[PDB]
Q: 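The structure that follows is given in the form of structure tokens.
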Amino acid sequence: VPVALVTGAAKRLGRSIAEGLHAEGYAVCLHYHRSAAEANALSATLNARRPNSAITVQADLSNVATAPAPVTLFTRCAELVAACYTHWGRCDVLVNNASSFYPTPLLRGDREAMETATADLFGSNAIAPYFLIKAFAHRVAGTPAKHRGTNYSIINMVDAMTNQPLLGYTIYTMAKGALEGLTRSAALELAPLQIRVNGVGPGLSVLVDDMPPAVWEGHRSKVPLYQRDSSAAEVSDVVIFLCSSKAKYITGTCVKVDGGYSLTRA
Amino acid sequence: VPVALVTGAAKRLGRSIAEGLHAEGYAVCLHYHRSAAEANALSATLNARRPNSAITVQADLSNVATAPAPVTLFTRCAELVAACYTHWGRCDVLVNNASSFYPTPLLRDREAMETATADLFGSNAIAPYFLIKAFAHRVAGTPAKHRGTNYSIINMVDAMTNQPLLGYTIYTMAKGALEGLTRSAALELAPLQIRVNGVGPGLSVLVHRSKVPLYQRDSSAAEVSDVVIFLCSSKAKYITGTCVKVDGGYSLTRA
Amino acid sequence: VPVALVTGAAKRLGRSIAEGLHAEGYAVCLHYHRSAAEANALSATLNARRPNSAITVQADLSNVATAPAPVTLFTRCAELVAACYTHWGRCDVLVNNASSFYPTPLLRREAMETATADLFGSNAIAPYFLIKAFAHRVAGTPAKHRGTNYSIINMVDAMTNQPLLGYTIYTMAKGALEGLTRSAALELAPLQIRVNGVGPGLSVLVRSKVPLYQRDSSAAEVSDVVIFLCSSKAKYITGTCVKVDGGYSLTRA
Amino acid sequence: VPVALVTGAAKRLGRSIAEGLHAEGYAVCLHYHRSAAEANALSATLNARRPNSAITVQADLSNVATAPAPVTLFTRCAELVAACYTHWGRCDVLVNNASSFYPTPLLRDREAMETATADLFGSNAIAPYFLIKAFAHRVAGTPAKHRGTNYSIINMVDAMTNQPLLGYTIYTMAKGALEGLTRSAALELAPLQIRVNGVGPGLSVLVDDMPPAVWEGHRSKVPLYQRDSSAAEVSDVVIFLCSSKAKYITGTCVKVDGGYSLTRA
Ligand SMILES: NC(=O)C1=CN([C@@H]2O[C@H](COP(=O)(O)OP(=O)(O)OC[C@H]3O[C@@H](n4cnc5c(N)ncnc54)[C@H](OP(=O)(O)O)[C@@H]3O)[C@@H](O)[C@H]2O)C=CC1
Ligand SMILES: NC(=O)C1=CN([C@@H]2O[C@H](COP(=O)(O)OP(=O)(O)OC[C@H]3O[C@@H](n4cnc5c(N)ncnc54)[C@H](OP(=O)(O)O)[C@@H]3O)[C@@H](O)[C@H]2O)C=CC1
Ligand SMILES: NC(=O)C1=CN([C@@H]2O[C@H](COP(=O)(O)OP(=O)(O)OC[C@H]3O[C@@H](n4cnc5c(N)ncnc54)[C@H](OP(=O)(O)O)[C@@H]3O)[C@@H](O)[C@H]2O)C=CC1
Ligand SMILES: NC(=O)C1=CN([C@@H]2O[C@H](COP(=O)(O)OP(=O)(O)OC[C@H]3O[C@@H](n4cnc5c(N)ncnc54)[C@H](OP(=O)(O)O)[C@@H]3O)[C@@H](O)[C@H]2O)C=CC1
Ligand SMILES: C#CCN(Cc1ccc2[nH]c(N)nc(=O)c2c1)c1ccc(C(=O)N[C@@H](CCC(=O)O)C(=O)O)cc1
Ligand SMILES: C#CCN(Cc1ccc2[nH]c(N)nc(=O)c2c1)c1ccc(C(=O)N[C@@H](CCC(=O)O)C(=O)O)cc1
Ligand SMILES: C#CCN(Cc1ccc2[nH]c(N)nc(=O)c2c1)c1ccc(C(=O)N[C@@H](CCC(=O)O)C(=O)O)cc1
Ligand SMILES: C#CCN(Cc1ccc2[nH]c(N)nc(=O)c2c1)c1ccc(C(=O)N[C@@H](CCC(=O)O)C(=O)O)cc1
């Protein structure tokens, strides 16, 4: 029985990925920051379906130190991975899904806002994933060959549309670019350990409708395939496949799940 | 019971892709050019496993005219797709797998230059274009209520063409053209819900490998075909116009 | 005095590139297909400004045979490059600019064969043969008598990754041209022949979408980049593309 | 006389870029962190060649607060740009060249890692971001009637990051982020006519702190010339992208790698 660690697993795409992996037989460590209620509800559902098949761990993945000597992001990430080993004695899959997403305009309080966004946006999207991957790899390396799993797989949730930047989201876009870099670098360095590292990049998935219906419909209408945003499963299914043994030759690449959105022009 | 058309399905990756799809329940149209024996042997196996689940069609996919007025590549491609409709009344998946691959050095005749161009460009790019056109036309001509629910076109590309193989310019160009076809076809065919994606192996079933970061070996046919099968599945119904490299990290290397 | 061969040099970008190179001191071979008048007018201007600094040569770059044994595209391409050597004894720069551009819809008949040969010929196959002919001549030239700055520019397209609805063949041909750039650069490196691409977005339209200036570009705004890539200051650049699209390729629908 | 701000301008490519721009008529603000001597020697040369055509500014571009309330990286970046306006009343070109480069292996303390992250990410990505922000803020605050006619930002990226260098994850990531900054900044800053492009060297003025045969093997891998590039072979491209003849280019990268990124193992 393999174990998967999914960050930001409480709702939306994170939950779908956790459910997807759980359906495949994985025990799942559900990470969360502020959504304790949803995360615990998910753990309860999964555990009821299969005893001892889900746990939850809380952690701010922003690049800042927390209250205990202050606790660093790295430590917090190492503990995330450790929680898996302590509870199930293993960690086969890591999905870097947690991510902050808000505007950081270059054009037009301001001090803490700019410094907090950087740590938050870059922490969740890039730096935490880096430390998490490091911790994940250190545990595999420290495991005697004969006792290692046969299918280690790390999935980085990237973004199919960052090459056509979203106006006013520079830091987020930068962090995603860094995450793409982490995928390529990690794949290469971790190859000898047979740890595959790939990226999955959604375009528009379960789009939040905090706007006039016509503006919500207009956005969806842009996606060439189906003229709609995707469902959570339409993304998570791809994540699950990349984690399957049938994908054991794939590493260091990205799979876009955008219904052709990245093919469009203004 | 859906139908898949697989060009160059006689051996290696093509055969694995055909077997893969067949295992999923697809009736398979096995195209071939010169490998009649192997194609028929594959058909026999597949048919024995499941009656009327496989057929074979021969066709030179090079960009030239053949003997019947002369028959053009387009016609030959249209007849390929037609064979599916004539036999099973449908064609849900098209896998552009057939491909010539040999050197066309820029640095050191006339006949072998024009034959290579038509051959390398035909199989890798032009035939796939015509095949996609024929495929789309048949779907468009089908009344909505009678259409399939999962049309998928897979273009077998190359994960290493951005790091060209010395001396293989035409092939490399043809592959680039196939990449363009993937993006263009995906966009144009979206309204008809026909997804178009690419699968790019790096080193698969080499008849060099120590340079592959993952496993330090070329891949097996299944390691590639499984990806093709997944992209054809309904679980991949939101993926279109993209490429999936199956290279074990080879495209990440430098000299 | 170096020589530059510019295909489709009669008007628009081709003409601007030819003028740009000529301004840098290049003798220019202006290729054309149907635009004889404009090409000859340009030659006259350039020749008046500097005697024996321009010539014009006609050639269909479509992948078809033409009547003088039928003449193939390769031969026609080889003669294009040869014309330069015959007249000036050299060919330092080749700019693959000539290009057909029209719809080949997949949804709603030899016109498919004429389009294929035309769109693929001008955009990809002719460039391939031209590069081949160009490289041969350099290789056949004794080291001591070779130029010091061989440069091949392939006019590509900054927007083909975001295909233009209904232009599949053209888009494919451009993808092949991109492939030719990378392959040619690698193979021709030992001969010090640099091969790069320049990809305009919207230039000299026959708009409000272009993030930069909200307008298509002028011909000079593209050709200047072609000229720089041909200069000695760019001697370490090869196998890459420079987009000249004012940020258009950064947009979404 | 237009002004160019060049980070890490003391030596190597930074110096070449500064010299290049200076040769084009630009007054140059030479930024440096540790190389005061080299930077001041360069300022002297440029100033002798043309009075009041160069100044130096020191600043740690790592993502850490410094001693004067502690001073943040943003403030330090804002002061860098300000120094240009205070001295010459303008800032037309910004070249994000400063960059840390060392291994951060994934496979086998507290200070070295936290310090590496802030350093590698600060110089390569975050400082560039703040610098661009500050640069854009001052242009926006300038009345259209007093604005320059050729604002240009160049981000020094890396032509080989897509084929990562074993053991350099953070650096590679930071470069990826810099690439994202280029695309995002180009789009957002288009209305102000501020072009943003990248220049990515492959192997330039390769350090020879190794056995000659090893150093030669490394260069031999580059398809064109079989050698690393000179500083000018890179800087000349930066200067071209900053010229008015490149006014339609924005949001793109120009590889200066002699075909290195075309190779396989
Ligand atoms: N949905 C879409 O259209 C697209 C999504 N993506 C990518 O897919 C992934 C998932 O998408 P989606 O479901 O929309 O993501 P969400 O926006 O819904 O956020 C996912 C989770 O990330 C967690 N998170 C955010 N910041 C932090 C942080 N500072 N520390 C720890 N956890 C944090 C949150 O957990 P909690 O609630 O517990 O606080 C949140 O639930 C993301 O990485 C995203 O970048 C890419 C393109 C498009
Ligand atoms: N194998 C690898 O390491 C790599 C493969 N690829 C791509 O994957 C795909 C399959 O690879 P692989 O199995 O090795 O392919 P093969 O080289 O084994 O050839 C596949 C088939 O293509 C057919 N074919 C060749 N030329 C023509 C033509 N003129 N007209 C009609 N059919 C033709 C042949 O059919 P027949 O024998 O019946 O005549 C052949 O069996 C190809 O598209 C290839 O480009 C990409 C990268 C690497
Ligand atoms: N303009 C733009 O917005 C864009 C242009 N580009 C590329 O830049 C390059 C130049 O652009 P532009 O000036 O608009 O090009 P044009 O469309 O104006 O065509 C250039 C020339 O190509 C020649 N040509 C066309 N077909 C053939 C053929 N079958 N055989 C020989 N010559 C042929 C024509 O020569 P003649 O008139 O003598 O017959 C024509 O003058 C092209 O490669 C184009 O693809 C890319 C993106 C955008
Ligand atoms: N040279 C090459 O082969 C390649 C270079 N590049 C890129 O090109 C650019 C220039 O290359 P190169 O000349 O080799 O760069 P260098 O490695 O020589 O360093 C450039 C300068 O960056 C400054 N710097 C480093 N860290 C900081 C920091 N923490 N805060 C402030 N300044 C800092 C240093 O200034 P000081 O000495 O004053 O402390 C140094 O002089 C870099 O961005 C590099 O990433 C990309 C690929 C290859
Ligand atoms: C907002 C949002 C979420 N999204 C998707 C999106 C992307 C990344 C994410 N990342 C994370 N962590 N969480 C998310 O919820 C998330 C959501 C959108 C992105 C782009 C467009 C879009 O293309 N709109 C037009 C805007 C037109 C205009 O303003 O001129 C465009 O073409 O840019 C719409 C929605
Ligand atoms: C030959 C062959 C089969 N192959 C695989 C290959 C690729 C595409 C195909 N395409 C098709 N249609 N059929 C094939 O059988 C096929 C096989 C190889 C490809 C690359 C290297 C390689 O990387 N060589 C060296 C140097 C490459 C270079 O010249 O730059 C290296 O990098 O290690 C070796 C073998
Ligand atoms: C037509 C034409 C010429 N052109 C420019 C163009 C491009 C390549 C060429 N290539 C050649 N050889 N000759 C040309 O004259 C030429 C001209 C255009 C290209 C794109 C759009 C455009 O982006 N239109 C839509 C998007 C279309 C889509 O989404 O598919 C938009 O909304 O902006 C408009 C005009
Ligand atoms: C180191 C370094 C600096 N560099 C160049 C480089 C890149 C970015 C920089 N960035 C910054 N800021 N400063 C620099 O001095 C700098 C230097 C190199 C990069 C790649 C290889 C290389 O091709 N390595 C081969 C090794 C081959 C082998 O030994 O088997 C490889 O496969 O990766 C060598 C040197």
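Lettering of chains proceeds alphabetically from A, tracking the sequence lines in order. Residue numbering for chain A follows the PDB entry; the residues present correspond to positions 6-73, 81-120, 131-288, in that order. Numbering of chain B is taken from the PDB entry, so the residues present carry the numbers 6-73, 81-120, 132-230, 241-288, in order. Here the PDB entry sets the residue numbers for chain C, with the shown residues being 6-73, 81-120, 133-230, 242-288 in order. The numbering of chain D matches the PDB entry: 6-73, 81-120, 132-288, in order. Counting convention: from 1, in listed order, for ligands and their atoms alike.
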Q: What would the PDB call the drug seen at ligand 8?
A: CB3717
Q: Report, using the naming of UniProt, the chain with the greatest number of heavy-atom pairs under 4.5 Å to CB3717 (ligand 8).
A: Pteridine reductase 1
Q: Find all other chains that place a heavy atom under 4.0 Å from CB3717 (ligand 8).
A: B, D
Q: Enumerate the residues contacting CB3717 (ligand 8) with a heavy-atom distance under 4.0 Å.
A: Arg287(B), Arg17(D), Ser111(D), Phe113(D), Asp181(D), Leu188(D), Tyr194(D), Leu226(D), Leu229(D), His241(D), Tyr283(D)
Q: Which residues carry both labels: UniProt NADP(+)-binding in chain D, and heavy atom within 4.0 Å of CB3717 (ligand 8)?
A: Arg17(D)
Q: State which UniProt-annotated active-site residue of chain D is closest to CB3717 (ligand 8) and how far away it is by heavy atoms, to 1 Å.
A: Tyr194(D), 3 Å
